[PDB]
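Here we have a structure that includes indometacin.
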Amino acid sequence: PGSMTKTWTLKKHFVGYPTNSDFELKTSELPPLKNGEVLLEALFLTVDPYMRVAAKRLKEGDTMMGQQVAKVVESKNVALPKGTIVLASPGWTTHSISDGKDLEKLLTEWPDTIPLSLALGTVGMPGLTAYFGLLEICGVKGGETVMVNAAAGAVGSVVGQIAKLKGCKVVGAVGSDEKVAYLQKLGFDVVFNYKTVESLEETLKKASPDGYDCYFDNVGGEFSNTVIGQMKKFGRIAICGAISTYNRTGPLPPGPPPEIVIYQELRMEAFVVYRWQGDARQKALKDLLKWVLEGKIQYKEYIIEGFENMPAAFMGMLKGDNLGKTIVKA
Amino acid sequence: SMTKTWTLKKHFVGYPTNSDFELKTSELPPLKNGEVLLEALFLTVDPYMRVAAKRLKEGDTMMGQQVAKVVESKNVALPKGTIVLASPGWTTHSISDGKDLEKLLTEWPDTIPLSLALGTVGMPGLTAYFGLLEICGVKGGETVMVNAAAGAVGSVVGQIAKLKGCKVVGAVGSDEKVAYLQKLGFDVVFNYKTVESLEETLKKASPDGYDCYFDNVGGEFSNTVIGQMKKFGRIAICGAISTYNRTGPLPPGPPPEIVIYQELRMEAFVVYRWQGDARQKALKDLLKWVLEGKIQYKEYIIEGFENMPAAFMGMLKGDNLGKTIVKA
Amino acid sequence: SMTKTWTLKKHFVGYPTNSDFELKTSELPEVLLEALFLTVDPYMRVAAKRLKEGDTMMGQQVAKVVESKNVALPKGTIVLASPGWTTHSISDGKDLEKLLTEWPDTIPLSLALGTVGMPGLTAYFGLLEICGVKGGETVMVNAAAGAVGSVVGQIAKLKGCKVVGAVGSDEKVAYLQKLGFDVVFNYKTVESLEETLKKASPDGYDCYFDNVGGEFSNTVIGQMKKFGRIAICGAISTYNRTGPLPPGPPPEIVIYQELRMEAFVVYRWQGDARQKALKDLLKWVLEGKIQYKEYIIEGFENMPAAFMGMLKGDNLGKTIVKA
Amino acid sequence: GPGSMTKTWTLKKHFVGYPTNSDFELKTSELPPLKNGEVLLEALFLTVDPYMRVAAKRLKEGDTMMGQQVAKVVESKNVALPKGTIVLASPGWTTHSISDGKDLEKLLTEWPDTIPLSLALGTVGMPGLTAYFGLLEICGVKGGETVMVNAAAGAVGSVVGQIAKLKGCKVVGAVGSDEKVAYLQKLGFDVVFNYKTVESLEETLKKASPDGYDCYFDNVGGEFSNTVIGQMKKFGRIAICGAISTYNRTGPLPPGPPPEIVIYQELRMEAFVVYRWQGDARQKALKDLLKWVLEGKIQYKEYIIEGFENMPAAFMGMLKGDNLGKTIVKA
Ligand SMILES: NC(=O)c1ccc[n+]([C@@H]2O[C@H](COP(=O)([O-])OP(=O)(O)OC[C@H]3O[C@@H](n4cnc5c(N)ncnc54)[C@H](OP(=O)(O)O)[C@@H]3O)[C@@H](O)[C@H]2O)c1
Ligand SMILES: NC(=O)c1ccc[n+]([C@@H]2O[C@H](COP(=O)([O-])OP(=O)(O)OC[C@H]3O[C@@H](n4cnc5c(N)ncnc54)[C@H](OP(=O)(O)O)[C@@H]3O)[C@@H](O)[C@H]2O)c1
Ligand SMILES: NC(=O)c1ccc[n+]([C@@H]2O[C@H](COP(=O)([O-])OP(=O)(O)OC[C@H]3O[C@@H](n4cnc5c(N)ncnc54)[C@H](OP(=O)(O)O)[C@@H]3O)[C@@H](O)[C@H]2O)c1
Ligand SMILES: NC(=O)c1ccc[n+]([C@@H]2O[C@H](COP(=O)([O-])OP(=O)(O)OC[C@H]3O[C@@H](n4cnc5c(N)ncnc54)[C@H](OP(=O)(O)O)[C@@H]3O)[C@@H](O)[C@H]2O)c1
Ligand SMILES: COc1ccc2c(c1)c(CC(=O)O)c(C)n2C(=O)c1ccc(Cl)cc1
Ligand SMILES: COc1ccc2c(c1)c(CC(=O)O)c(C)n2C(=O)c1ccc(Cl)cc1
Ligand SMILES: COc1ccc2c(c1)c(CC(=O)O)c(C)n2C(=O)c1ccc(Cl)cc1
Ligand SMILES: COc1ccc2c(c1)c(CC(=O)O)c(C)n2C(=O)c1ccc(Cl)cc1
Ligand SMILES: [Cl-]
Ligand SMILES: [Cl-]
Ligand SMILES: [Cl-]
Ligand SMILES: [Cl-]
Ligand SMILES: [Cl-]
Ligand SMILES: [Cl-]
Ligand SMILES: [Cl-]
Ligand SMILES: [Cl-]
Ligand SMILES: [Cl-]
Ligand SMILES: [Cl-]
Ligand SMILES: [Cl-]
Ligand SMILES: [Cl-]
Ligand SMILES: [Cl-]
Ligand SMILES: [Cl-]
Ligand SMILES: [Cl-]
Ligand SMILES: [Cl-]
Ligand SMILES: [Cl-]
Ligand SMILES: [Cl-]
Ligand SMILES: [Cl-]
Ligand SMILES: [Cl-]
């Protein structure tokens, strides 16, 4: 019955970092609800680095992709009554219609003490990425020394804290002194500003002269070439992301020295978080929520108010503004 | 006095965005002796501002020139109502002691907008003038390659080349720009973003090669043009706009084997090198050619000082057809 | 005792040249071993960087005992030793390795340096443990006519796998086609490597036994199946590099395809697993399932030329220097 | 009447990176008898030069390697070229050749007996002419400038520095070994450093001349030149002589120089080939070079390798920095 929505679309494909002129806000009228459908109003929307890469497959005019926490504000579906909170991925839009087959309810034990926006962060997709990347790909068992970059981001910050609660030494790389201070307060063994250190090689050597057992890699590029030169024999690399290339203008940087990869017999595996489904996934979500409640994973969010500022939140996150999960409060 | 000032909130990373600029308002001090209050009429945004901004401190005013009017005068040499060129930056009002100003040509007619003092009959036009006539040294009959050919500098380069008897091959970023320059009479114009092979397109435009390369773009584009320069060909290194917003390293240089065998001469320049009589002669020549119709002028005017960042960013993204001007 | 020794006069810059090597003679003062067959291997190009100028080049050899002060290593015994590029050496016996007890007279002793030696074990563990082939997979192997690659392809065939092989000459294409590899092509002459791999297997590749690295591997990665495994054995296209390494593969492809890539050194496997692999390799050669070809060069004084010829792709099979 | 034997180095395989021995092949052939107007030339000294690495790419496998030589007429049916005449000829890497005389060049009439004939391939030959015109016409030095020259201990660079010194210029030279540093310091170069061992190329150039560089005689290119460009004065001149850092490169070319520096500093950069200058201008420069050598203002040093059979090794060593001065092969 006459609903209106706003939608952020891709006006121009990104060249380097996105700029404001690459996005366009549009207003449309959604149709009335059919049988079994619901009207969803966004409460929190997420912006994520993968959107920079996936945008290349969109056509100009398409809606930007993304997930959101929404509530049902109108319902013709008995399973999804008015007021129900759900996870949905209609893209950058304030209102959408769903038949119920593309939604995901929150954990039944979701308490009132934690913001709903953590369903998009530590107790959501980024937290699951840290969980499986560190515990399954690296396979940490306790006592390892873990190198994690973008350590103050949504994924990296959870990687470090899970590593700490599992008995690991953590060396974290971040892009500002404010982020260094925050992670030092959390208790990370060594944290440094990769933008200001005189030599990345010497900083990593001093942080762990014996080398690194695991490398949770979010950045790639020249940074990873240096870390690879300090991996222990049989060292494991979880190839989570390569954000240093997402906004690159020229050709990719050189690859890591193969003589080091082979002599050290490194194991390097990339992964997508959606690989894990069913029981393993549900167990990981329950563990993440439990650790947040127990205080072993502290929660910090970088909230930006206003749907109209979503392009600016996406661009700021890519440029390192965010401390914790970047969230847009509708 | 009340004034608006655009400042650099954050150093650019890639293309500028709105969050990189901040509008500030200030109260200028009273006019002292020999000082005047200038209120902006037209402001210019230029690609060099993207590169020069790196030496500003966060909070500083963006640099730039403007055509301004005297609205208050305590200096007899600059009476109220005088039109001048000044470079206080992105600001609506400023105070000057008079020693850093430049009057317009004494014979400036009312039939041409004052904003061309920032364009074809100003700094961009002088850039095209000296780069083509003194660096390339065109005398008539040469084949000239010019990129960003629909911009402030490139469009003047092509038309001066045409009136000097040169063949002009121009590269632009949209089909609209292809049509405009073809209407002006450029011999060959193409859209570098859509052509299947830049190497093949340039080869057909001139199988004999290029005597001069007026380079506004740089990067991989120039590597290809260099591969088709005639022996002893001259390159005027005016700009390298394809690198101004780069995040990573510069692209490879041209193959030295071609540069050496072809014995190319490549000279960069800043327009302010030319002063005094040579410069004044060039300004008079540009004005004369505009009046005679040999240089048609097109402007990309954006109204509102508050849209000045948006004009800067639109220019960097190729929105402008002609000189980008902000009407105060 | 007196011996011949090839030493490193100058660190390599690009491909080695003769001026980078120097033939020396020394006076030796346990057992005395005289070399019968010596190996040259690509790893020597990289490992030479940690040698000091004047040091002996590293390497393995099949040798003969010509004098004995240890009854456990009596005169006439055939052994494997790694004194480097030298015709004679002194050893206390604790760093030696006898050949398989069931070594037949029908196979040359030089295969202890090849298919039934370190290169064969490299193919064995790289394909069966790292790739984990179980039968039915499509395996991409480059340098398929080399000591390691040729064994990789033949082990894959006897396990029921499709094999796509890359080589540097038409002669190597013909030999591997005779062996029965499903597809073999000359990577130096094909018009488009991407299309050659695409046509050779439009469905993609389950495993990649990588000996070459560089831009070649970037293209293969773009055609790996999801969860595909890569055995990072070698990167010979970079060993003689003068400038910087080429770009890596596009990370969006590596991540989306969730590839598992593990490098290995063959010496990781010891004890029972290694001895089992040696017995399997010897058995497979005798049954005819692994045919052996060797590129033998006569003369210890031509050992540098064998090393350099191997790096340039002259050799078909394991490069061996007969003393 | 009779027929002579000759040896010839050919290109067996195109170079990949630096050349290796297997890329060359020595062949022996029988030259035909001399016809009227022809001479038989025996090589005395042959030159190897960096350009051969690049030009070899257009040869077909089997072709003779290109190059110049000082040769002597050992048999003549040509009255203008009697027995014993010394000439420059470019038959390639070969010990003997037949010429009709139309592609030869006699030595200077005033060539003295006190200087080796091989200098006709070096300081008083093509490399010296390269330094001469690159520094005096392309850079246009007039006296008082500060000149940056790399490969400063090579055939061209060493002459560039010494001409710069006799014209009243400060010279900063870059070389690849400590032995080359010592030699050029003895010659009197103001500053000489080993670019392979210095901690920071940028800081070394800054200290060598805090005011910047008026001219850059560029033999190297690549990343080295990117750093030199960052310290050129306004209106600085660059003579693009060579780019040897790319000749044996395996991967893609290195990044270009920062355009913002090239433009802001209004640099003038011109490439040249030495053969542009012919006739009277060339003869005058040769006379100046010979005069300066005799007066001692240009000292000559040669890196001689004896044996035609070692010509590939001399070419490869020169590319790798073995040579101090002009690389020469004494037949
Ligand atoms: N399934 C998967 O494999 C999966 C899932 C989710 C995310 N990821 C990846 O994991 C990474 C983190 O994602 P997230 O959601 O946690 O984002 P995030 O870390 O919250 O934000 C991105 C951060 O990356 C850093 N960054 C940006 N450009 C950089 C550069 N050139 N070099 C170094 N650091 C740079 C910035 O922090 P600094 O100030 O520290 O630079 C920025 O804050 C991304 O690569 C993303 O694609 C992978
Ligand atoms: N040396 C001097 O004294 C001096 C003085 C003034 C200007 N300049 C230089 O001259 C050039 C033009 O200046 P202008 O004032 O006339 O600006 P303009 O051409 O009016 O505007 C810049 C134009 O460059 C083009 N462009 C942007 N990114 C590009 C890319 N990656 N590749 C190719 N073209 C691209 C766009 O047109 P398309 O649609 O063609 O992409 C855009 O319209 C700049 O390099 C500037 O720095 C030098
Ligand atoms: N422990 C280990 O992990 C281990 C042990 C042994 C060997 N390896 C590695 O496995 C590889 C094979 O060594 P090998 O002992 O079997 O000897 P090999 O295959 O005979 O190695 C030389 C061969 O490599 C090829 N090659 C050389 N340059 C190349 C290039 N740029 N691109 C492609 N192919 C090139 C040539 O054959 P084509 O021209 O036909 O390609 C040449 O015949 C090497 O990378 C070596 O380091 C690893
Ligand atoms: N345009 C012309 O007409 C013309 C004519 C002749 C020569 N040239 C050029 O001038 C240059 C010198 O030629 P030349 O006959 O005098 O040879 P040269 O300097 O006598 O010998 C070459 C020298 O270059 C140096 N070198 C090699 N690779 C290098 C690298 N990657 N980086 C830095 N230096 C490197 C080595 O000295 P270090 O140990 O100091 O590195 C080596 O000794 C070459 O670029 C050549 O192509 C041009
Ligand atoms: C790609 O850069 C290298 C460098 C050194 C290498 C290898 C590869 C390989 C593998 C190969 O590539 O063949 C080996 C075996 N390396 C050794 O030096 C070595 C020697 C003795 C022992 Cl016990 C273990 C290792
Ligand atoms: C940087 O790539 C090259 C390629 C070929 C070159 C040169 C440089 C130079 C300059 C140099 O670098 O020495 C020369 C002289 N080339 C010739 O092959 C040649 C030979 C004979 C004549 Cl008459 C003219 C040119
Ligand atoms: C590095 O280039 C990419 C490109 C696209 C990507 C990712 C990474 C990642 C991983 C990451 O980097 O976050 C994800 C998740 N991509 C998706 O577009 C996507 C979206 C929804 C689903 Cl259900 C599955 C995949
Ligand atoms: C490509 O990197 C740069 C960097 C700075 C530049 C320029 C180009 C150009 C040339 C151009 O690109 O337009 C100019 C004019 N720059 C200035 O900052 C400047 C400002 C005022 C004066 Cl008086 C003199 C110079
Ligand atoms: Cl599109
Ligand atoms: Cl570093
Ligand atoms: Cl270790
Ligand atoms: Cl906090
Ligand atoms: Cl900036
Ligand atoms: Cl600052
Ligand atoms: Cl093209
Ligand atoms: Cl020409
Ligand atoms: Cl005029
Ligand atoms: Cl070495
Ligand atoms: Cl050493
Ligand atoms: Cl291809
Ligand atoms: Cl697949
Ligand atoms: Cl997926
Ligand atoms: Cl003689
Ligand atoms: Cl050929
Ligand atoms: Cl440096
Ligand atoms: Cl200066
Ligand atoms: Cl190159
Ligand atoms: Cl001396």
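Below, chain A is the first sequence line, B the second, and so on; all start at residue 1. Determination method: X-ray crystallography, 2.3 Å. When a ligand or atom number is given, it counts from 1 through the structure's own listing order.
To find every copy of indometacin, look at ligands 5, 6, 7 and 8. For indometacin (ligand 7), the chief contact partner in this model is given in the PDB entry as Prostaglandin reductase 1. Other chains contributing a heavy atom less than 4.0 Å from an atom of indometacin (ligand 7): A, C. The heavy-atom binding site of indometacin (ligand 7) at 4.0 Å consists of A:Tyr50, A:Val53, A:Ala54, A:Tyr246, A:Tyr274, C:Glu252, C:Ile255. Indometacin (ligand 7) places these atoms under 4.0 Å from at least one heavy atom of C:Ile255: 1 (C). For indometacin (ligand 7), the atoms lying closer than 4.0 Å to a non-hydrogen atom of A:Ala54 are 18 (O).
Looking from atom 12 (O) of indometacin (ligand 7) to the surrounding protein, the closest heavy atom is A:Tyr246 OH, 3.7 Å.
For indometacin (ligand 7), the atoms closer than 4.0 angstrom to any heavy atom of C:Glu252 are 1 (C), 2 (O). Residues of chain A that UniProt annotates as binding NADP(+) and that have a non-hydrogen atom under 4.0 Å from indometacin (ligand 7): A:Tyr246. A:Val53 CG1, 3.5 Å is the protein heavy atom nearest to atom 4 (C) of indometacin (ligand 7).
For indometacin (ligand 7), other ligands and ions under 4.0 Å: ligand 1 (NADP nicotinamide-adenine-dinucleotide phosphate). In terms of protein heavy-atom proximity, atom 9 (C) of indometacin (ligand 7) is closest to A:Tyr50 CB, 3.6 Å.
Taking atom 24 (C) of indometacin (ligand 7) as the reference point, the nearest protein heavy-atom neighbour is A:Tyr274 CE1, 3.3 Å.
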